[PDB]
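Input: a single structure, listed below in structure tokens.
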Protein chains: 4
Amino acid sequence: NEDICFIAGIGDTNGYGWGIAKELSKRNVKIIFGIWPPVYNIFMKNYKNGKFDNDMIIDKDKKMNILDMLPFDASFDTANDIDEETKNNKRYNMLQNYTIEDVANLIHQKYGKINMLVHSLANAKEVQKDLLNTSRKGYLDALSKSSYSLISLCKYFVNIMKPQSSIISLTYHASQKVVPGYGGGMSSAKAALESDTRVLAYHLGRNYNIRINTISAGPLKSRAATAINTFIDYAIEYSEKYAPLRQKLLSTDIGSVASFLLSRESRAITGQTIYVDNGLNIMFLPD
Amino acid sequence: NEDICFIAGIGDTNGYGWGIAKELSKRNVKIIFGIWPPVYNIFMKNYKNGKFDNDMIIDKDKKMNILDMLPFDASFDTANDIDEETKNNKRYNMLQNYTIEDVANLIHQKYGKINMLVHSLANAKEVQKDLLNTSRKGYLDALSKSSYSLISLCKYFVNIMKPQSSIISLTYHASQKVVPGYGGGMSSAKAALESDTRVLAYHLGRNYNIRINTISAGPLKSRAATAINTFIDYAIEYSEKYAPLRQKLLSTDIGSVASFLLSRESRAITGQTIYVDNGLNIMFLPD
Amino acid sequence: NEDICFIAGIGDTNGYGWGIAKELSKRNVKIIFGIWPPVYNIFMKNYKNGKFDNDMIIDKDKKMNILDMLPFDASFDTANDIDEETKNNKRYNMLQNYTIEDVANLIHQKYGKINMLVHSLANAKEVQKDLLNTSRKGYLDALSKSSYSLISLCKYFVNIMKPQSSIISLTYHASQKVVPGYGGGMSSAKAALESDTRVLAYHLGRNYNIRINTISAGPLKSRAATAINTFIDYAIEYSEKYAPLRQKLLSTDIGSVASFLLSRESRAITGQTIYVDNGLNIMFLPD
Amino acid sequence: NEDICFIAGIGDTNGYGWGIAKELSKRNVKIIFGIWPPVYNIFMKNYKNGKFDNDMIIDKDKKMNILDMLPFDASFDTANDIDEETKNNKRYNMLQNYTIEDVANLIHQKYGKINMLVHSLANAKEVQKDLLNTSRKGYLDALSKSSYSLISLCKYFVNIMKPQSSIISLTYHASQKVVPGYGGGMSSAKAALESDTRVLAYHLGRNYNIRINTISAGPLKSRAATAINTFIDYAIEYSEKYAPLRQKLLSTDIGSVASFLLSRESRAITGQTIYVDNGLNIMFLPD
Ligand SMILES: NC(=O)c1ccc[n+]([C@@H]2O[C@H](COP(=O)([O-])OP(=O)(O)OC[C@H]3O[C@@H](n4cnc5c(N)ncnc54)[C@H](O)[C@@H]3O)[C@@H](O)[C@H]2O)c1
Ligand SMILES: NC(=O)c1ccc[n+]([C@@H]2O[C@H](COP(=O)([O-])OP(=O)(O)OC[C@H]3O[C@@H](n4cnc5c(N)ncnc54)[C@H](O)[C@@H]3O)[C@@H](O)[C@H]2O)c1
Ligand SMILES: NC(=O)c1ccc[n+]([C@@H]2O[C@H](COP(=O)([O-])OP(=O)(O)OC[C@H]3O[C@@H](n4cnc5c(N)ncnc54)[C@H](O)[C@@H]3O)[C@@H](O)[C@H]2O)c1
Ligand SMILES: NC(=O)c1ccc[n+]([C@@H]2O[C@H](COP(=O)([O-])OP(=O)(O)OC[C@H]3O[C@@H](n4cnc5c(N)ncnc54)[C@H](O)[C@@H]3O)[C@@H](O)[C@H]2O)c1
Ligand SMILES: Oc1cc(Cl)ccc1Oc1ccc(Cl)cc1Cl
Ligand SMILES: Oc1cc(Cl)ccc1Oc1ccc(Cl)cc1Cl
Ligand SMILES: Oc1cc(Cl)ccc1Oc1ccc(Cl)cc1Cl
Ligand SMILES: Oc1cc(Cl)ccc1Oc1ccc(Cl)cc1Cl
């Protein structure tokens with residue numbers, strides 16, 4: 001009782017963020033969605049029009065427990081970072097308090113302190129280009145939004161979290177082994193994310209008694225996965241054929257693991273990269 | 001509601017085997033203990049005398065549900081491997097059906113098929129010697145009882161397990177990084193165990209849809225630990241002083257993680273080495 | 001014969017860049033220094049005043065073979081990236097062709113194609129702050145100069161390198177394990193550098209038959225090492241006391257390894273992170 | 001000028017042992033071969049008949065300098081370990097002083113102290129069986145001859161080695177990632193070998209200032225390789241098709257790296273697993 005989780009990085013019901021929300025709901029955790037402004041209105045519309053009613057179904061008729069839905073952009077740390085153009089952009093103009101600091105303050109004011117935080121986002125302008133051809137701007141854009149965002153989320157949210165709270169993010173094996181197609185510096189961003197998870201585990205553990213881990217998920221055909229041009233269909237096919245466990249990897253498979261890591265049951269685990277990919281990562285040569 | 005777990009390697013209530021049994025009990029899992037013959041009667045004596053009553057208490061009105069307790073020696077695969085020096089041994093003479101295959105048949109004959117298996121045993125005759133001074137006989141003894149026993153357990157128990165069953169063992173970071181007092185080939189045995197966990201994950205996964213993982217636990221002042229050369233006293237002191245999470249590591253901390261890995265909740269995790277050590281493994285230079 | 005190496009990241013004779021240059025000279029490799037503009041003039045002055053004559057001594061009277069010394073700033077990819085302020089800054093005003101593209105073109109025009117490239121630089125404005133307190137700007141600054149610079153160096157220099165050429169950079173273990181004190185996102189930058197080394201190994205290997213590896217060096221009291229405030233004295237003391245090899249780590253120790261990796265003798269090694277740290281990285285618990 | 005290397009594990013000129021001998025010869029290192037008794041006479045026969053003359057050619061007017069060739073069985077530590085089944089064996093009856101301790105004393109008695117040691121042997125009676133179906137006897141046989149033999153070699157040879165000496169062994173990536181046809185416990189043996197290399201690095205480093213590393217080599221169609229179950233044909237085909245460097249891996253490619261690790265040039269490297277496989281180990285999803 002009293003478990004509140006903020007999930008940053010939800011634009012629909014086809015990604016891991018939604019799978020994580022469903023499993024947490026089964027444990028009676030209250031959910032707060034952090035939605036990227038560019039897709040905020042479209043998300044709300046569909047929600048209002050009851051387009052997600054089926055996907056919100058859990059257990060036996062059990063409906064998901066969505067406490068709130070807030071506009072959120074991990075590119076901005078404070079209101080002072082918002083550039084004039086973005087502030088005046090059509091999709092941002094009518095929204096407020098969407099920077100990392102503002103959302104933390106908003107959540108604290110409305111619901112008090114929370115104990116669960118999920119970083120389920122990533123972005124790279126040049127993801128379609130191989131690392132060698134990625135520009136400096138594209139590279140830094142990937143690191144800024146996909147990696148630094150985690151650090152910033154921690155810096156502002158630790159002030160509104162209870163001791164013994166837990167934090168998780170999502171990564172991918174391309175950080176440790178070569179996956180052609182995963183460009184734009186996304187591999188670089190994930191490698192940084194995994195390393196930052198260890199350093200943050202040290203600081204957050206000693207000073208706040210807070211835990212942080214990352215889940216290296218297998219392939220899922222999410223909206224963003226298609227942006228890589230297809231790459232995702234190949235990855236899924238390869239996984240279902242060569243993984244030690246030949247079964248379809250579901251968003252809820254990652255969700256149940258996320259639920260465990262966020263609960264007090266994983267009290268002694270921190271700074272780890274946990275693989276939830278049907279064991280594919282352990283293979284060397286296929287069959 | 002129908003889950004049965006065989007825990008191989010319990011001689012008292014101060015080790016990880018007991019902690020795992022306690023946590024699985026909270027989930028209403030029926031427990032069967034595999035006890036090393038040399039200490040079987042003494043264990044039985046204490047149990048009867050109520051020396052473990054307090055250690056069996058769980059939650060409010062809940063007691064640990066121990067289905068059965070059987071003599072079990074991981075040194076012998078089948079009845080044919082029992083030598084006269086053992087058969088004629090005082091402690092073994094009074095016991096029967098304690099080889100790996102016999103225990104599997106006995107359990108199956110009495111309770112049917114099971115779906116959870118825990119390997120929580122290690123043994124090395126020359127653990128007090130550094131690797132360089134360990135004899136061939138001592139080295140092989142460690143690998144035989146601490147590593148091969150996992151493979152043999154799987155070979156014989158898969159026949160009495162249900163599909164989608166799960167298996168776990170315990171390892172230690174000395175397999176990956178140097179820990180001076182961890183001798184006799186125990187470091188070697190743990191390295192083989194972690195690698196074997198991957199290979200078995202592939203075979204058991206493809207052929208039976210069965211999962212297998214290993215938990216790399218932090219220091220716990222248990223019975224066997226005290227045999228290493230005080231060493232455990234150092235390890236614990238160091239862990240509690242430098243680990244990112246400054247809290248005492250409890251056998252049940254490993255238990256709750258084991259319980260999760262043995263349930264369907266971790267359906268997509270296999271062949272992994274999961275660290276449950278308060279994050280100590282991530283540190284390099286002590287602060 | 002005909003071996004030319006460009007070493008990017010030399011501001012004096014106290015770092016690894018100089019140690020790498022000395023060892024390469026022993027193999028009769030022609031050296032070209034890439035010097036950061038802010039310290040370019042001071043470097044030349046000392047050189048001219050013969051302040052480095054002693055340090056240039058190799059073998060028996062054998063003097064180093066410095067082919068050229070060029071101003072170089074890894075922050076700029078092309079002349080178009082140079083901001084008006086920097087272009088007009090006192091130390092840059094009188095220098096030309098110091099961007100990555102210009103230096104590559106300059107080298108090609110003056111000496112033709114080369115076959116050896118060394119990335120021996122790093123920088124982070126907020127290195128004195130722990131990761132949690134590093135600003136977005138500081139973080140991206142670290143990644144831009146310490147990691148992306150490697151990718152850019154490769155993109156422009158592969159056009160002026162012969163097939164079978166070799167490239168190396170320098171990293172540090174803080175990317176894999178926690179080292180308190182290594183802040184400003186330097187740990188993040190090194191993790192990215194190591195991951196990018198693997199991805200680049202794939203692209204450069206398949207398309208140009210060029211190799212790339214990185215050396216994870218132990219502590220050396222270089223000029224930059226002092227910028228971390230001391231941290232470096234502690235690291236050196238810890239290393240000389242706990243490493244399996246209790247000896248002083250010299251810049252030339254890294255130099256000789258760099259020489260091997262850059263030569264044709266390491267033909268089958270690529271995408272690797274090679275540790276040259278007296279074996280400290282393999283230790284878990286000290287003595 | 002005074003370097004002597006003992007290479008344990010040579011039965012012909014198609015393996016890595018020969019490639020290592022060739023490269024060390026270019027450096028004028030005196031070579032002593034340790035030959036498995038069962039094939040000692042045949043080897044000697046071919047040598048006398050000049051069947052290896054072409055394989056011994058190096059550079060222009062340079063021939064491989066083989067100091068001596070001795071029968072050597074890594075299964076026996078001392079004369080006391082020789083059983084009647086072996087002593088009475090036809091192939092062993094005619095030979096003497098072939099245990100590890102005897103060879104060390106014999107070499108020392110004839111040529112004095114040495115400074116280079118190479119462990120290039122592996123053996124597993126049930127290599128054709130997958131791990132799950134490998135017997136205890138077969139599993140232990142693999143660990144005894146392929147892993148413990150390294151420890152015993154160090155224990156007995158340090159007495160006849162000079163300070164600052166170097167040692168290397170060969171391993172394979174199947175210890176870290178799953179390779180289906182690599183059975184009989186060879187994967188287990190390699191995992192132990194790599195871990196043991198770290199522990200030994202600590203002991204030999206602190207006590208004798210002696211270094212030890214292991215080379216993880218790529219596929220090479222050798223004599224023993226052909227015993228795995230064609231498998232080697234697959235491995236080679238896969239390596240040459242997907243590795244970042246599309247070139248044939250030669251025994252001398254491993255030889256040049258071995259030569260470097262055995263020289264003073266690598267003075268600061270110890271306890272490491274160095275990959276010499278054209279970078280194949282860094283790949284995840286084949287392109
Ligand atoms: N889908 C997969 O196959 C897969 C594999 C490994 C890891 N994960 C990781 O899981 C996370 C989500 O992946 P997914 O596939 O479910 O994607 P989605 O399902 O695309 O989720 C990503 C979310 O990020 C949001 N987002 C983008 N930029 C943002 C910004 N600046 N501020 C705030 N939100 C922003 C998007 O609007 C979107 O809802 C990422 O970290 C991804 O790398 C996914
Ligand atoms: N104690 C720790 O700090 C620690 C750290 C890492 C991993 N674990 C691992 O957990 C397992 C148990 O450790 P523990 O500390 O709880 O020890 P215990 O508490 O000593 O548990 C080991 C059990 O093995 C049994 N055993 C020994 N030889 C046997 C044989 N031939 N057949 C059957 N059973 C046999 C013993 O009787 C004992 O009950 C081991 O694998 C150990 O390496 C423990
Ligand atoms: N010294 C150590 O203990 C140590 C340990 C591990 C790795 N290495 C790595 O070796 C490299 C050099 O380290 P070092 O200690 O010898 O340092 P130095 O000896 O400080 O070398 C770094 C060089 O980078 C140059 N530089 C900084 N910003 C630049 C820019 N924008 N463009 C071009 N040049 C720039 C400096 O002027 C300097 O000459 C770095 O990558 C460092 O992280 C060093
Ligand atoms: N062949 C490859 O592709 C490959 C890949 C990775 C690592 N390496 C490793 O290199 C080493 C040699 O491999 P290789 O392919 O050159 O094989 P060979 O070319 O088969 O070399 C192995 C040698 O071990 C000797 N041997 C076997 N049992 C022995 C015993 N009891 N005592 C003494 N010598 C004994 C054999 O007679 C033989 O000369 C092994 O450790 C192997 O695992 C080889
Ligand atoms: O990390 C991922 C891994 C896979 Cl296999 C599929 C999708 C992934 O997620 C992303 C990839 C690129 C961008 Cl730009 C944004 C996101 Cl969310
Ligand atoms: O693996 C372990 C790690 C630690 Cl820190 C403490 C105890 C451990 O467990 C053992 C060590 C040696 C032997 Cl002979 C038997 C066991 Cl059960
Ligand atoms: O990587 C390093 C590791 C160590 Cl132990 C010492 C110095 C290092 O190098 C740097 C650290 C911070 C900045 Cl800003 C620049 C450089 Cl060159
Ligand atoms: O380790 C190896 C790896 C590969 Cl790919 C090919 C051959 C190898 O070497 C062996 C394998 C099994 C046995 Cl019984 C003996 C040896 Cl020498």
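Order of the sequence lines fixes the chain letters, A, B, ..., with proteins taken first and strands second; residue numbering starts at 1 for each chain. Atoms within each ligand, like the ligands themselves, are counted from 1 in listed order. Note that these values count all heavy atoms, side chains included, but never hydrogens, waters or copies made by symmetry. We read in the header that X-ray crystallography, 2.2 Å was used to get this structure.
Of the candidates triclosan, methazolamide, anagrelide, theophylline, the one located at ligand 6 is triclosan.
Here, the chain sharing the greatest number of close atom pairs with triclosan (ligand 6) is referred to in the PDB entry as enoyl-ACP reductase. With heavy atoms closer than 4.0 Å, the chains neighbouring triclosan (ligand 6) read B. Under a 4.0 Å non-hydrogen cut-off, the residues that form the binding site of triclosan (ligand 6) are B/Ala122, B/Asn123, B/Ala124, B/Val127, B/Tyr172, B/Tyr182, B/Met186, B/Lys190, B/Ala224, B/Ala225, B/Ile228, B/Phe231. The PDB records the biological source of chain B as Plasmodium falciparum.
Which parts of triclosan (ligand 6) touch B/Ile228 is read off a 4.0 Å heavy-atom cut-off, strictly below it: atoms 6 (C), 7 (C), 11 (C).
Near B/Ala224, with a cut-off below 4.0 Å to any heavy atom, the atoms of triclosan (ligand 6) are 15 (C), 16 (C), 17 (Cl). Close contacts between triclosan (ligand 6) and B/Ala225 involve ligand atoms 6 (C), 7 (C) [criterion: under 4.0 Å to a heavy atom]. Polar contact with triclosan (ligand 6): absent for B/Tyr172 (N/O pair, distance under 3.5 Å).
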